[PDB]
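The model below depicts Sulfotransferase holding oxamniquine.
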Amino acid sequence: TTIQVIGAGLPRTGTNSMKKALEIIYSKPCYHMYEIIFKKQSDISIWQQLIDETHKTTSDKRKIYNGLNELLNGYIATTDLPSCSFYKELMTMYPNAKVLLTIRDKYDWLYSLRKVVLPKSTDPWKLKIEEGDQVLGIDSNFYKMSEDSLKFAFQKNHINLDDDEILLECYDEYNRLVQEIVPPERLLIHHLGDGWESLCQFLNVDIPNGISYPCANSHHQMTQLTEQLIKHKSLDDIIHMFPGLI
Ligand SMILES: Nc1ncnc2c1ncn2[C@@H]1O[C@H](COP(=O)(O)O)[C@@H](OP(=O)(O)O)[C@H]1O
Ligand SMILES: CC(C)NC[C@@H]1CCc2cc(CO)c([N+](=O)[O-])cc2N1
C-alpha cells in the first residue's frame, strides 16, 4: 500500500467525512487526527519531531520524508492536521498521488475551529476541552503538536492565534496557496456538501451505489463528546452515544 490521495484541507473543513469517504472508495485506511487521538497517541511525539525539524536553519528533508513514510505505512490516504501541513513534502514523496482541498465558508470554519481545535486562551470552554481530553489521556504535548502543525501550515512563527481576523486571513491565504502550488489536473477542490460525484470522477471510480456521502464530526457532536467525557470519565462507557464516529 502507498499514498494515493493527499488531503491538504485544513481541520474543520470536512476532513473526517473525507477520511470515511476515501476508506469507502479504497477499502483501506486513511490517516486523520482521530487516528492519533483514539488509536495511536504515540504518533504525537513523532509528528512533533518532524515539525521541529522544519524550524531548523538547515532541515533534513530526508529525515522528514522517512518520518512521514513511516507514519503513513499502511494508509492509502491522509487528511487533516498535522499531515495537511506537509502536503508539499507528501507531493514530492508520492508524485502519482492526487491532492484534495476540502474547503468551506471561512466564517463557519473559524467558528468550528474555535469550538473544537483552537479556542481562545481566555475562553472558558478551553478548560472543558482539557478536562475531557484528560479522560482520553491527551495532555499538553498534544496541544503543542497541534498548535505547531497549524502554525506550520500558515508558515508563521510568531502569530497571535487569539485574533480571529488573523486566522481568517491565514485560512484564505493557505487555500489560495494550495491552488497556486498544485497543478490543476492534480487538484480537486471539494466544497462542503459536494458529495461523491466530483470526488469519484477525480479518482476514476464509480459512485458507491446505495452509500451516501459521510456527514460526521460536527461541533455539536464534539461538544456533546466533551461533556459526556467529563460526566462519565470513560470513553468506553459513552462510545455508544457516538455511533460510527470513531
Ligand atoms: N457531508 C457534510 N456536509 C456538510 N457538512 C459536513 C459534512 N461532513 C462534515 N461536515 C462538517 O465539517 C466539519 C468537521 O470537519 P473536520 O472533520 O475537518 O473537523 C463540521 O462542521 P461544523 O463544526 O460547523 O458542524 C461538520 O459538520
Ligand atoms: C473531545 C474533545 C474534548 N477533544 C477531542 C477532539 C477530537 C477532534 C479533534 C480534531 C482536531 C483536528 O482534526 C483537533 N486538533 O487539531 O487539536 C483536536 C480534536 N479534539
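For this chain, numbers begin at 1 and follow the sequence in order. We count ligands from 1, going down the list as the structure has it; atoms in each ligand are counted the same way. All values below come from the heavy atoms of this structure, side chains included, with hydrogens, waters and symmetry mates left out.
Here, the model contains oxamniquine as ligand 2.
The binding-site residues for oxamniquine (non-hydrogen atoms, 4.0 Å) are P11, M33, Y34, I37, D80, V117, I129, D133, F142, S146, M222, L225, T226. Counting only heavy atoms of the protein, atom 13 (O) of oxamniquine lies nearest to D80 OD2, 2.5 Å. The shortest contact between atom 14 (C) of oxamniquine and any protein heavy atom is with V117 CG2, 3.8 Å. Nearest protein heavy-atom neighbour of atom 16 (O) of oxamniquine: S146 OG, 3.1 Å. The entry models no covalent bond from oxamniquine to a chain. For atom 8 (C) of oxamniquine, the closest heavy atom belonging to the protein is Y34 CE1, 3.8 Å.
Protein heavy atom closest to atom 20 (N) of oxamniquine, with residue, atom name and distance, is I37 CD1, 3.8 Å. Source organism of chain A in the entry: Schistosoma haematobium. In the vicinity of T226, heavy-atom distances shorter than 4.0 Å reach the oxamniquine atoms 1 (C), 2 (C), 3 (C). Distance from atom 5 (C) of oxamniquine to its nearest protein heavy atom, with residue and atom name: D133 OD1, 3.5 Å.
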